[PDB]
K.L.:
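I'm reviewing an experimental structure with lanoconazole and have questions.
Sequence positions for chain A are given in the PDB entry numbering; the residues included correspond to 7-410, in order. Counting convention: from 1, in listed order, for ligands and their atoms alike. Reckoned from all heavy atoms, side chains included, excluding hydrogens, waters and symmetry mates.
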Amino acid sequence: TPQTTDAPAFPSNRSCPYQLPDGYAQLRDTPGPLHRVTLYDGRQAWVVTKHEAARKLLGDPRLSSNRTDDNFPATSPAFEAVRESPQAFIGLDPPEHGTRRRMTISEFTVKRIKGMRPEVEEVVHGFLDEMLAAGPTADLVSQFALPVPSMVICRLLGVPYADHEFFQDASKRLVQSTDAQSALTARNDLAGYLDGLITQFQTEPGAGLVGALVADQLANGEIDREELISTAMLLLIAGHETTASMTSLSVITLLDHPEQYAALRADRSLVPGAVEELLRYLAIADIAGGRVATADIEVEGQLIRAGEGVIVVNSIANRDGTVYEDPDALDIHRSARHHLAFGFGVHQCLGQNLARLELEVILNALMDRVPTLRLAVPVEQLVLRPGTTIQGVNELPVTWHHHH
Ligand code: HEM
Ligand SMILES: N#C/C(=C1/SC[C@@H](c2ccccc2Cl)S1)n1ccnc1
């Protein structure tokens, strides 16, 4: 009795940091914008696997972002720690979505991100100062890739970096837990921490976005205290984990494509385009593609019924050869325009240009200060995170030429 199914298990795990899982390549190749999958609990759901259809469905308000809905597509038991939890605007639909998102946009404008560049460069070179002073070997994740965005997002939020070991540990536990209880505990750890910060700011107004939300919107009853906690937690976790993963995966990927890494070093005007290509190619945030239909939607002859879960798999859409010629070739010179690594539409990543700024500063700094950087272990020996979380590696051993 054959085991072939027409609803393969989803998600799949990467076997190479920068390649689609074998099962995803299969979905990429199968014609049609949609494909059935089976989630961890046996429920069937749709995945979107082509680029233009992914944009269209991300733009369709009939695909709700409401994670509290019973039919929202959960890809791991740990999701249940989010289904029964208060809801940042990543999980809201218009019109509620806009009222909450606009409370935070002032910290992520182009003018603010520009103003942050000297501060980001200082943080980047500070952690490189310390890592290089100590000499190889080092774990790039714990010594550089994680602390840099953590320090940056703490200052943006007004979260004291002195507490970094606490919330770095909680952030990891929340995002990578494979059971609801572990994720729920980390959620509650972070919430209790953030609730105390709020009360402190009500005594002594503080800097940063959390300080501003306490002094203004909270004081005016325009955001619930618990929504403020959920909102700060979203930005804190998003600010830590995603950028850190782009750094480690970009280093791995660039060292596996030395001709392009050399071309990048030789002409730094290529770095912004290289960042876009790396974002398209590494597409680390499929876990951010879940949707639930609130009405029937006809998609190129296929029918999404009201109440069905839909996952917009931007990593697969980003390998659509009708948009990106030879889509599985890394090409830092190609047009990676219109990639979906940050989503599309009303929920397109609030932090996208901070992430672009941090990756540019980081790649230039590594090429400037550590041109002899190389992995200290074979790529095959790295441990990749599973497809139920943000893609990446939890450790990245590196070495380099030690200058005394
Ligand atoms: C390379 C790094 C990053 C990637 C690949 C990424 C990816 C994404 C994606 C795909 C979405 C859309 C989710 C959806 O449609 O439901 C999203 C939304 C979001 N991201 Fe990021 N992100 C990154 C970095 C950041 C950073 C540094 C922040 C800083 C706070 C951040 C904050 C957010 C927020 C707040 C949202 C929700 C926006 C909304 O619902 O209106 N992200 N991100
Ligand atoms: N989607 C998404 C996304 C997230 S980071 C915070 C994640 C989270 C997971 C489980 C429980 C609570 C929370 Cl708050 S969900 N992200 C990543 C980059 N930009 C946005």
K.L.:
Give every ligand number or chain letter for lanoconazole.
P.N.:
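Short answer: ligand 2.
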K.L.:
Mind checking something for me? Which chain has more close contacts with lanoconazole than the rest, going by the PDB entry?
P.N.:
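The chain with more contacts than any other is Vitamin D3 dihydroxylase.
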K.L.:
What residues contact lanoconazole if the heavy-atom distance limit is 4.0 Å?
P.N.:
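Heavy atoms within 4.0 Å: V88, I96, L180, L240, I243, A244, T248, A294.
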K.L.:
Considering non-hydrogen atoms of the protein only, which is the closest contact for atom 17 (C) of lanoconazole, and what is the distance?
P.N.:
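Ranked first by proximity to atom 17 (C) of lanoconazole is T248 OG1, 3.8 Å.
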K.L.:
Could you check atom 16 (N) of lanoconazole against the protein and tell me its nearest heavy-atom contact, residue, atom and distance included?
P.N.:
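Residue, atom and distance for the closest contact: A244 CB, 4.4 Å.
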K.L.:
Tell me the organism the entry assigns to chain A.
P.N.:
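Per the PDB entry, it is Streptomyces griseolus.
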K.L.:
Could you list which atoms of lanoconazole come closer than 4.0 Å to a heavy atom of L240?
P.N.:
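Selected atoms, number and element: 6 (C), 14 (Cl).
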K.L.:
Which lanoconazole atoms are under 4.0 Å away from a heavy-atom of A294?
P.N.:
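Those of lanoconazole that fall under 4.0 Å from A294 are 1 (N), 2 (C).
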K.L.:
Could you find the nearest protein heavy atom to atom 10 (C) of lanoconazole and give me its residue, atom name and distance?
P.N.:
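Here the closest protein heavy atom is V88 CG2, 3.6 Å.
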K.L.:
Using a distance threshold of 4.0 Å (strictly less than), state whether atom 2 (C) of lanoconazole has a protein heavy-atom neighbour.
P.N.:
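It does; a protein heavy atom is within 4.0 Å.
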